[PDB]
Amino acid sequence: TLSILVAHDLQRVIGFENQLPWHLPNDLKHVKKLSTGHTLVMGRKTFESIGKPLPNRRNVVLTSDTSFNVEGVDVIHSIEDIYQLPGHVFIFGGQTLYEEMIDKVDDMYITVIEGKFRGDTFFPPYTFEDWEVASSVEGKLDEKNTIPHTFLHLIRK
Ligand SMILES: NC(=O)c1ccc[n+]([C@@H]2O[C@H](COP(=O)([O-])OP(=O)(O)OC[C@H]3O[C@@H](n4cnc5c(N)ncnc54)[C@H](OP(=O)(O)O)[C@@H]3O)[C@@H](O)[C@H]2O)c1
Ligand SMILES: COc1cc(Cc2cnc(N)nc2N)c2c(c1OC)O[C@@H](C1CC1)C=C2
């Protein structure tokens, strides 16, 4: 498959100053579970955010920098190289990847954070006319997980 994996808030904020606007361990665990043993594609900025590869999956970074060579990372330099990777590919971030990818992907694993954050980056506006709710599951709250959130899985109609 080719999937978006994203958390965005009630106004489609994904990002502030090159970080998540929220502490939400449960969603990062969601990320682990979904993506372990699989492939992530991310833009250069998001990779700098994470700061190195995530273990136990394939890590692929899209970048115009031809001198990019990072232990444990496969570089690519066009959107088109994505379509050639084997297996289940998660589009991992960030804003620009989602923009370039969102009409191309089979489905999306969105976490909706039921808050309003300050952001400087956003998820593309989308319509539920275009997208079927394969599943919607309320995130569980504790002290360590204190924002309401819902895990959507959408498939292109
Ligand atoms: N909420 C979430 O689920 C989530 C997940 C990840 C990231 N984020 C957020 O997203 C924001 C980052 O988004 P962003 O748009 O600024 O950055 P980004 O998408 O992570 O990275 C963009 C970079 O990717 C490379 N790139 C993108 N398209 C390319 C193409 N077609 N050909 C060659 N290279 C290409 C370029 O790198 P070069 O300049 O090196 O060429 C470009 O500057 C941050 O705020 C971060 O916190 C949110
Ligand atoms: C933009 O920053 C991040 C994006 C992301 C990507 C990300 C996060 N959350 C969701 N729902 N989708 C995503 N694509 C992550 C992330 C980020 O901060 C390091 O943390 C890591 C944990 C520490 C290893 C995991 C994911």
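Chain A is numbered as in the PDB entry; the shown residues are, in order, 1-157. Indexing begins at 1, ligand by ligand and atom by atom, following the structure's order.
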Quiz prompt | Drug at ligand 2 | solution = iclaprim
Practice problem: Write down the name, per the PDB entry, of the macromolecule bound to iclaprim (ligand 2) with the most contacts. | Solution: Dihydrofolate reductase
Practice problem: Give, by chain and number, all residues and nucleotides of other chains with a heavy atom within 4.0 Å of iclaprim (ligand 2). | Solution: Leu5, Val6, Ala7, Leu20, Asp27, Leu28, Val31, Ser49, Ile50, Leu54, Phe92, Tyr98, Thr111
Exercise. Give yes or no for whether the N/O distance cutoff of 3.5 Å, strictly under, is met between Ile91 and iclaprim (ligand 2).
Key: no
Quiz item: Considering only the protein, which heavy-atom contact is closest to atom 8 (C) of iclaprim (ligand 2), and what is its distance?
Solution: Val31 CG2, 3.8 Å
Quiz item: Can you find a protein heavy atom under 4.0 Å from atom 6 (C) of iclaprim (ligand 2)?
Solution: yes
Self-check item: Enumerated iclaprim (ligand 2) atoms positioned under 4.0 Å from heavy atoms of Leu28
Solution: 20 (O), 25 (C), 26 (C)
Practice problem: Give me the UniProt-annotated substrate-binding residues in chain A that sit with a heavy atom under 4.0 Å from iclaprim (ligand 2). | Solution: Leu5, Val6, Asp27, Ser49, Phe92
Quiz item: Looking at iclaprim (ligand 2), does any of its N/O atoms fall within less than 3.5 Å of an N/O of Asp27?
Solution: yes
Quiz item: Which UniProt domain of chain A gets most of the contacts from iclaprim (ligand 2)?
Solution: dhfr
Exercise. Below 4.0 angstrom from a heavy atom of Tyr98, which iclaprim (ligand 2) atoms are there? Numbered from 1 as shown, please.
Key: 14 (N)
Quiz item: Which UniProt NADP(+) binders of chain A are under 4.0 Å from iclaprim (ligand 2) in heavy-atom terms?
Solution: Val6, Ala7, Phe92
